[PDB]
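Below you'll find the structure, written out as structure tokens, and then a few comments.
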2 protein chains.
Amino acid sequence: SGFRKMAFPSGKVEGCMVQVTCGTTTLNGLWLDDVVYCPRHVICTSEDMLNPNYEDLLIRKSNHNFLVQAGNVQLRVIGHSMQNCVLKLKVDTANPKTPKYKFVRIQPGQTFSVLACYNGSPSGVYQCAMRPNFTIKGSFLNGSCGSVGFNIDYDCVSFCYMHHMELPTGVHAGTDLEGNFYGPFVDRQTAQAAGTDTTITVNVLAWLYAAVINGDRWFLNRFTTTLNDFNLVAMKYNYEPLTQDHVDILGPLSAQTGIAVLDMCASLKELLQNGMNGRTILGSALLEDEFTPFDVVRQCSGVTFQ
Amino acid sequence: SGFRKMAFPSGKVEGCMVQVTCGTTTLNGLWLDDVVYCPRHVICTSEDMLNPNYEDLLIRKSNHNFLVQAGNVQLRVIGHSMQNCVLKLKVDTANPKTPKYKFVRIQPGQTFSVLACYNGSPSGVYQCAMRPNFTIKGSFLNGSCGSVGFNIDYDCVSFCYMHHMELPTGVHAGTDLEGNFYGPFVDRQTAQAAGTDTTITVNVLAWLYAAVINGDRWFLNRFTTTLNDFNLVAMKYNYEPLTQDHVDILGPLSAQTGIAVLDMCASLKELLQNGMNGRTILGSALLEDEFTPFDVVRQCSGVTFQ
Ligand SMILES: *C(=N)[C@H](C[C@@H]1CCNC1=O)NC(=O)[C@@H]1[C@@H]2[C@H](CN1C(=O)[C@@H](NC(=O)C(F)(F)F)C(C)(C)C)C2(C)C
Ligand SMILES: *C(=N)[C@H](C[C@@H]1CCNC1=O)NC(=O)[C@@H]1[C@@H]2[C@H](CN1C(=O)[C@@H](NC(=O)C(F)(F)F)C(C)(C)C)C2(C)C
């Protein structure tokens, strides 16, 4: 019993974190094989960040202008390249601690762990979801850029995010490990709108199934609904539309509890239309949308990694 | 900006996890130097756990009856000892991955990270607090016993908890690394009461200061209070009494925000007496008590570890 926001063990990623300095700007880098990946704004001064021309700024930088430090030991930079919004520094030493890894571009609604770092050193780990508006609700201060988001499948680390900036609503923006931003964000210090933040409906339903498995089922009502009638209600509350693909993904949890997805949709509708009346679900007074159906199955089954 | 429940990076602890089997029971062990620490109920069958006499049960066990596995390699057990509710297995190999460590017995209200494990392998990491009633609100399934709680001060791991059992209210119980239970719990499968769960007042105040630092300050009112008048209200809501020691611990946060602790107490009083009226604080619809004043300072300052 019990249900908590759980991050993946971070040991494999800790061994990949390095500190990257260019001039007076220092941030975090990810050292995998003989390449160090970092946000390209490491080459910017505070002034440059207002309206940077990254191509012109980078042209005045040579290999020796990038200091890469792993603990107390300096890595020698033998090449550099800009790939979208990430800078790749080729070093003369392959990271001996490189785990089995892949680079992935996740979809909105999917979750991942973040190892927040400062000056190349680990500070902490937490679980995030890519919001439907391509922002994340993290905790990042100045110097946290370069910190990465990842998932782990047994012994393989799938890197999916690199932190770049904070938007005016307090939420965060970043890229995949090919340097392409999630969302319409740009790496420039200018006013940027995130857009309406919608609730990840399939995740809320997954979390309601987690509540049932844990014995918390006061919210289960005597009604059922249809996909179209549920979506008419969901769209009023800025909930993402539910599709037959989401219904299928919920299949294991539906079969475990004996509760049809459309019956759970009717209980969700009543929670949206009536609130929780001072009550809680899994110790929460709000409907939680940062647990995917996979996260629920994993935590309820005790899936382990190498 | 942003405020999340953050766990310590788990790499140093991952390198210490082993699998311990005795007969048909398998659980997690912690391998530090040439000793493996694990819950003594590893020697029990399902039947034994109803009313065990650990001393008689252990007397029928020899070194060769304990299989200790680190990954795929078997460790040789050359000695065994029962210390309160933990079993210590002396092995012939010192763990090469042993970090700098200490064993500590934490106080109620203090927080720590848990690396939940199954069969000696890491599953995930989350942050917990030792409740005033000496229970934790974790997420543990059968086989998670032996998983540990720890804090990290730069490069030193302070182990403070080892998981043993789940109480009927869904909360968990365990020991320090000397095998002494936190609370009045015993390692026997019998009805056990946790006692009233009170709110960690100094932690709620710390989290209110975190909200202010992050720009979330709708709740700040025009009132102040006294320690005795606040405590008369707090005790009605099952809040722990606030002392001058707690006021002093809040000092850095009080000085950073310019908000006196007694002024913050008056705003807390109004939140307890009026609720939050459908509003949230740091994305939460309840008053959060699992962030100590130290956790707030650390997350707001970006403290890092080796
Ligand atoms: C990199 N270490 C920081 C991390 C920021 C600092 C506060 N919390 C974070 O996540 N990244 C930046 O400073 C980036 C950087 C220039 C400006 N910047 C911002 O995050 C700014 N944001 C924006 O201008 C906005 F709103 F468009 F997102 C800031 C105002 C400082 C929060 C570049 C190159 C994008
Ligand atoms: C060890 N792997 C498990 C972990 C439990 C299983 C469910 N979630 C957990 O945290 N520990 C146990 O099975 C311990 C073990 C015997 C009984 N037990 C319990 O946790 C039981 N609890 C109690 O009897 C109670 F209420 F007193 F706490 C159980 C009913 C199985 C939840 C021993 C030796 C204490």
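The chains are labelled alphabetically, A first, in the order the sequence lines are listed. We number chain A the way the PDB entry does; in order, the residues shown are 1-306. Residues 1-306, in that order, are what chain B shows, numbered as in the PDB entry. Atoms within each ligand, like the ligands themselves, are counted from 1 in listed order. What's counted below: heavy atoms across the whole structure, side chains too, no hydrogens, waters or symmetry copies.
In the deposited model, the macromolecule with the most close contacts to ligand 1 is named by UniProt as 3C-like proteinase nsp5. Drug at ligand 1: nirmatrelvir (bound form).
Using a 4.0 Å cut-off on heavy atoms, the other chains next to nirmatrelvir (bound form, ligand 1) are A. Residues contacting nirmatrelvir (bound form, ligand 1) within 4.0 Å (heavy-atom distance) are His41(A), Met49(A), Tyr54(A), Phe140(A), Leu141(A), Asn142(A), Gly143(A), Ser144(A), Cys145(A), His163(A), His164(A), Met165(A), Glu166(A), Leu167(A), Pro168(A), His172(A), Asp187(A), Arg188(A), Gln189(A), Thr190(A), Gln192(A).
Taking atom 13 (O) of nirmatrelvir (bound form, ligand 1) as the reference point, the nearest protein heavy-atom neighbour is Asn142(A) ND2, 4.6 Å. At the top of the distance list for atom 16 (C) of nirmatrelvir (bound form, ligand 1), counting protein heavy atoms only, stands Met49(A) SD, 3.8 Å. Close N/O approach between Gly143(A) and nirmatrelvir (bound form, ligand 1) is found [any backbone or side-chain N/O within under 3.5 Å].
Between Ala191(A) and nirmatrelvir (bound form, ligand 1), no pair of N/O atoms sits closer than 3.5 Å. Between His164(A) and nirmatrelvir (bound form, ligand 1), at least one N/O pair is under 3.5 Å apart. From nirmatrelvir (bound form, ligand 1), the nearest residue that UniProt flags as active site in chain A, along with the heavy-atom distance to 1 Å, is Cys145(A), 2 Å. Nearest to atom 3 (C) of nirmatrelvir (bound form, ligand 1) among the protein's heavy atoms is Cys145(A) SG, 2.9 Å. UniProt domain boundaries put most chain A contacts with nirmatrelvir (bound form, ligand 1) inside Peptidase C30. There is no protein heavy atom less than 4.0 angstrom from atom 30 (C) of nirmatrelvir (bound form, ligand 1).
Scanning the protein heavy atoms around atom 24 (O) of nirmatrelvir (bound form, ligand 1), the nearest turns out to be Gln189(A) CA, 3.4 Å. In terms of protein heavy atoms, atom 27 (F) of nirmatrelvir (bound form, ligand 1) is closest to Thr190(A) O, 2.8 Å. Examination of the model shows the covalent partner of nirmatrelvir (bound form, ligand 1) to be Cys145(A) SG.
Which parts of nirmatrelvir (bound form, ligand 1) touch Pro168(A) is read off a 4.0 Å heavy-atom cut-off, strictly below it: atoms 26 (F). Residue, atom and distance of the protein heavy atom nearest to atom 10 (O) of nirmatrelvir (bound form, ligand 1) are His163(A) NE2, 2.8 Å. The single protein non-hydrogen atom nearest to atom 20 (O) of nirmatrelvir (bound form, ligand 1) is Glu166(A) N, 2.8 Å, given as residue, atom name and distance. Counting protein heavy atoms only, atom 18 (N) of nirmatrelvir (bound form, ligand 1) is closest to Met165(A) CB, 4.1 Å.
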